[PDB]
Amino acid sequence: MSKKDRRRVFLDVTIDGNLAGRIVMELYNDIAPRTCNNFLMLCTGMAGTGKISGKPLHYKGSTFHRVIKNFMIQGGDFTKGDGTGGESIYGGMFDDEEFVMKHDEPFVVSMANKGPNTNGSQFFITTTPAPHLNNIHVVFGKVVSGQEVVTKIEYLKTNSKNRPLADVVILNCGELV
Amino acid sequence: XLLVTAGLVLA
C-alpha cells in the first residue's frame, strides 16, 4: 500500500444558495482503487457521459437528498435526484471491492447501494460510527477538512422522507492536486 | 431506521 497514491477531492456546498463551506476528503486508492477512481472521476467529471444514463457523470449540480440526525448525509444521485438514480464511470454499476475499511469512526465516506455489487454514484458521509454498515457498504475515503459543513447539513430541517427542506447543492467539485 | 440504500428505502 502507498499513502502516496491517495488523492484528494472536494465538495463546495450551498444551502438555498448560501455558501456553506468546503468538504475535503482523502480517498484511499491503496485500499479501494476501483471505488476511489470512480469518486474522483465523478468529482472532476472527466469521465464523460453515462453509458446507460446519458446524463453527465459529474457530481457537480447534484444534491444531498437525504439526511438523518446523528447518522449520515447522502447524495450523488445525479440522474434522478431522489435516490433511485446515479451511475458509475465504469458503465452502470460496479462490484464491491474488499470491505477493508469500516465505519468505526465518524466522517468516513462510503458507497450507498441497494444490495451486493450495486455501486452507482450515490455515496454517504457519516457523522458517527456505523458498524452495522460494515461489510455491507464499501468505505473508500475520509473527511480531513470541513467536517463542520457535514454537521451543518446533517441537522437541517427535513420533510417526512428525510429530504432537506432547503436545497443542498454541490455547487462545485473537483480534485486537489 | 438507519440504512443508506438507493431505491428501496427502509426505516
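The first sequence line is chain A, the next is chain B, and the lettering continues from there. We're sticking with the PDB entry numbering for chain A, so the shown stretch reads 1-177, in order. Following the PDB entry, chain B residues are numbered 1-11, in order. For this deposited structure, the header notes the method as X-ray crystallography, 2.5 Å. Keep in mind that the numbers below use all heavy atoms, side chains included, and drop hydrogens, waters and symmetry copies. Modified residues are abbreviated to their parent or X; only parent atoms count in contacts.
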At chain B in this PDB structure, which drug or drug candidate is present?
-> ciclosporin
What does the PDB entry call the chain with the greatest number of heavy-atom pairs under 4.5 Å to ciclosporin (chain B)?
-> peptidyl-prolyl CIS-trans isomerase 1
UniProt domain of chain A holding most residues touching ciclosporin (chain B) | PPIase cyclophilin-type
State which organism the PDB entry lists for chain A.
-> Brugia malayi
What residues sit within 4.5 Å of ciclosporin (chain B), counting only heavy atoms?
-> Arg66(A), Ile68(A), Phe71(A), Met72(A), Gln74(A), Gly83(A), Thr84(A), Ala112(A), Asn113(A), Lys114(A), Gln122(A), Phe124(A), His132(A), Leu133(A), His137(A)
Show which residues of ciclosporin (chain B) come within 4.5 Å of chain A, measured between heavy atoms.
-> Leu2(B), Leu3(B), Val4(B), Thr5(B), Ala6(B), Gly7(B), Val9(B), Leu10(B)
